[PDB]
Amino acid sequence: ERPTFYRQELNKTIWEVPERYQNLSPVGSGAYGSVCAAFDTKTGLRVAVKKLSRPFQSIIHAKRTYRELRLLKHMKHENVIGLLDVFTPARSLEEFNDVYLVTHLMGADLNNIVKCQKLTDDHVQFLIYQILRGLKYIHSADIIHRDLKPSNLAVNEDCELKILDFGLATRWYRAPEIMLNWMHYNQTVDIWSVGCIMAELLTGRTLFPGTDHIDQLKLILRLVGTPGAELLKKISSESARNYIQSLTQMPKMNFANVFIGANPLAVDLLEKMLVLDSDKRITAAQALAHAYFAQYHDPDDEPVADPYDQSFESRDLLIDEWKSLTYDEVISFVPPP
Ligand SMILES: CCc1nc(-c2cccc(C)c2)c(-c2ccnc(NC(=O)c3ccccc3)c2)s1
Ligand SMILES: CCCCCCCCO[C@@H]1O[C@H](CO)[C@@H](O)[C@H](O)[C@H]1O
């Protein structure tokens, strides 16, 4: 049957949750809603419960709620945030107004683990491996993260890592094409980010700590060189081309000297991730097979996602339609094993 709910005032609204979730304590809040830590008596897990704010206030809010719930329900992988539970106190669609999402309580992100220090090479292999493993899965669903950074990487005390699309400096890890509003993005935009994160774990220093947009791009070109002919022939914007040919030629730096001291296999991998031309960057699948990850790579335990129907993105529906579709997704949810 339906669980027994209780009501408690938290973050200035009445939260109504199943009695399995105990000891709600706010962690934080913002425009999106707010989040309480709780204990799930049923599973023995520490969890985070998020009450969405204004989920159906407008067409756009409603479609965003639907998008969020669909994504969360589809993501079932150890290195990606997933859903333990979703609930509403409403007993019918007619009563449906509030959506609550439940996931594992997370207490630290990659910045907290790193502390601007060098990590050991073995530690970097393990962390980067997990990121790539999660990215293979995400990319296999025809999804691109687009803003992968340390603040979106949760890590527990066993340094098990999960990719998030939220947080628990902002542009230092972005692909250069993303910062130049290129569109037509490749999934390897995320691989650029992995390269920036990996470099920083090894060296203890941000790779491209630009002061602003143009400075970021200047630091990038100084390392990887100015665009070569092969890259230039794929640029359709006549302003971008003539600006690019007008810059002084700079060669690609010698990565072996830049990251001197590093495992030469790490250097090799960085050379394959941090390529300006997104078409020539290594994929997540290819990177998992790279010799750097030999102690962790298991081709039979690097799973891919089921096909992910994102056709709803192209649709323009009424608020009550998005609301109804969301309600269907709440009611049909089956918790993980
Ligand atoms: C958009 C903003 C956020 N959303 C969630 C969240 C919560 C439940 C379900 C889902 C899908 C996301 C967040 C979440 C999820 C899990 N753990 C946390 N934990 C924390 O924020 C945290 C931070 C410091 C100390 C202790 C705890 C937050 S943060
Ligand atoms: C002056 C700085 C130049 C930055 C060049 C970035 C090149 C990124 O690479 C480009 O990505 C596009 C997808 O986004 C693809 O369509 C192109 O084929 C690919 O070359």
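Chain A is numbered as in the PDB entry; the shown residues are, in order, 4-171, 184-352. Both counts, for ligands and for their atoms, begin at 1 and track the order of listing. As a basis for the values below, the full set of heavy atoms in this structure was taken, side chains included, without hydrogen atoms, waters or symmetry mates. For this deposited structure, the header notes the method as X-ray crystallography, 1.9 Å.
For ligand 1, the chief contact partner in this model is given in UniProt as Mitogen-activated protein kinase 14. Considering VX-745, EXP3174, VT-464, I-BET762, TAK-715, the drug or drug candidate at ligand 1 is TAK-715.
No heavy atom of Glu71 sits closer than 4.0 Å to any atom of TAK-715. The UniProt domain of chain A holding most residues in contact with TAK-715 is Protein kinase. Regarding atom 13 (C) of TAK-715, its nearest protein heavy-atom neighbour is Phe169 CE1, 3.4 Å. The shell of residues lying under 4.0 angstrom from TAK-715, judged by heavy atoms, includes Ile84. The PDB header gives the source organism of chain A as Homo sapiens. Atoms of TAK-715 lying under 4.0 Å from at least one heavy atom of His107, given by number and element, are 16 (C), 17 (N).
In this structure, atom 23 (C) of TAK-715 lies nearest to the protein heavy atom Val30 CG1, 3.8 Å. Counting heavy atoms under 4.0 Å from TAK-715, residue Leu86 does not touch it at all. For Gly36, the heavy-atom gap to TAK-715 stays at 4.0 angstrom or more. The ligand atoms of TAK-715 that sit less than 4.0 angstrom from a heavy atom of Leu75 are 11 (C). When each atom of TAK-715 is checked for a heavy atom of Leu104 under 4.0 Å away, the hits are 8 (C), 9 (C). Nearest protein neighbour of atom 28 (C) of TAK-715, counting heavy atoms only, is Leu171 CD2, 3.8 Å.
Nearest UniProt active-site residue of chain A to TAK-715, heavy-atom distance to 1 Å: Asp168, 6 Å.
Residues of chain A that UniProt annotates as binding ATP and that have a non-hydrogen atom under 4.0 Å from TAK-715: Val30, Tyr35, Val38, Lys53. Looking at atom 26 (C) of TAK-715, its nearest protein heavy atom turns out to be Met109 O, 4.0 Å. Shortest contact from atom 12 (C) of TAK-715 to any protein heavy atom: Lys53 NZ, 3.2 Å. Which parts of TAK-715 touch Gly170 is read off a 4.0 Å heavy-atom cut-off, strictly below it: atoms 29 (S). Covalent partner of TAK-715: none modeled. Counting heavy atoms under 4.0 Å, the binding site of TAK-715 comprises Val30, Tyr35, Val38, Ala51, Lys53, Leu75, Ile84, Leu104, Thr106, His107, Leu108, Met109, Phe169, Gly170, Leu171.
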